[PDB]
Amino acid sequence: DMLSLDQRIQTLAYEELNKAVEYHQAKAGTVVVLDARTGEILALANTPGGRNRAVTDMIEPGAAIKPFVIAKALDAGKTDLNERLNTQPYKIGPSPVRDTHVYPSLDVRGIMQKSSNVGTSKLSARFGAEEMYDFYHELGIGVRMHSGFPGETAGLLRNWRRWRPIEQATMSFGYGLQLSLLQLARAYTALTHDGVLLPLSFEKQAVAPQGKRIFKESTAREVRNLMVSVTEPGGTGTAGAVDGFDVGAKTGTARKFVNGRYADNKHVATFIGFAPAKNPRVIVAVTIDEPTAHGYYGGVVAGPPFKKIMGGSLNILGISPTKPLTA
Ligand SMILES: CO/N=C(\C(=O)N[C@@H]1C(=O)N2C(C(=O)O)=C(CSc3nc(=O)c(=O)[nH]n3C)CS[C@H]12)c1csc(N)n1
Ligand SMILES: [Cl-]
């Protein structure tokens, strides 16, 4: 049998996912676990029972898309690692562009670490609309996965000719475009596989299949290091840190679109990360739908199951820790 599924990881993922969903009294949840070098899908878990939401359900990614805007800006030389960007909030007409805190300025590392919508939108604004549209398209947004499961759709990437000026701003921190958790996890292979986006596979891969280069290898390596700051003190994703490893991750918290408004009530909490951060072996992605108890942010809600799924996955795959254990 040549199937990529690993039953121990799949069982680990399902149990931790259901604990998190129950503890936060959430409506639903999904997990994807990938081989970070080949794109093999090691686990897909969904709750409550029924359809494969990891493949079928399109979500807005929120700040989980920010790593790719930051990488693109660095890759194209439109920013660097020492620029400090004014990150004061502002508005375009009625629409605000603001962070949860007012940071007067941040470098690119701070934009990632703090999850600055303002910083990301200003980096994105250095590109034209059609450029960015093509960029989201080559990340696979709007491109069907052909996983073999029914109910799968391509996702949403609106035509660039219809973008209002505010739209390109808000798309850069995860508004307006839609993708499945599988498409989102797939995009993170461009960061783990040294700039090369992988197709993903449900069968064991003897080699890493031929991918498509999105970023230079140096860009991917620098961005992975920025993402380690997310799980260290000062970042939004400390709940996902794993003993004996450096973890690059990104949190996301998206207001749900109820009828015709973005609810300040209901949220989707996402945590996606990879380890070992220098030479990744595993990607773990977790999305918790509408938590109602014990917090609703991505770090607090989906961070804890990420940490237990990642740590156990590395243990199951025999990945040696890169630094002394302290737990
Ligand atoms: C509620 O805001 N709605 C947004 C949006 O701007 N989301 C951004 C995003 O991904 N965010 C994240 C985060 O990184 O988790 C955060 C997390 S900050 C945080 N994390 C904790 O774990 C914690 O205990 N406390 N705090 C303060 C701010 S909302 C923002 C949105 C984007 S698309 C969409 N439909 N909604
Ligand atoms: Cl490859």
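Using the numbering of the PDB entry, the residues shown for chain A are 235-272, 286-574, in order. As a basis for the values below, the full set of heavy atoms in this structure was taken, side chains included, without hydrogen atoms, waters or symmetry mates. Just follow the structure's listing: the first ligand is 1, and inside any ligand the first atom is 1.
- At ligand 1, the PDB records name the drug as ceftriaxone.
- Here the macromolecule with the greatest number of atom pairs within 4.5 Å of ceftriaxone (ligand 1) is listed in UniProt as Probable peptidoglycan D,D-transpeptidase PenA.
- Protein heavy atom in closest approach to atom 5 (C) of ceftriaxone (ligand 1): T500 O, 3.5 Å.
- Ranking the protein heavy atoms by distance from atom 14 (O) of ceftriaxone (ligand 1) puts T498 OG1, 2.6 Å first.
- Protein heavy atom in closest approach to atom 1 (C) of ceftriaxone (ligand 1): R502 CG, 3.6 Å.
- Closest to atom 17 (C) of ceftriaxone (ligand 1) among all protein heavy atoms lies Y544 CD2, 3.9 Å.
- Under 4.0 Å from ceftriaxone (ligand 1) lie no other ligands or ions.
- At a heavy-atom cut-off of 4.0 Å, the residues contacting ceftriaxone (ligand 1) are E307, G309, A310, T347, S362, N364, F420, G421, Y422, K497, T498, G499, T500, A501, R502, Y509, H514, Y544, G545, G546, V547.
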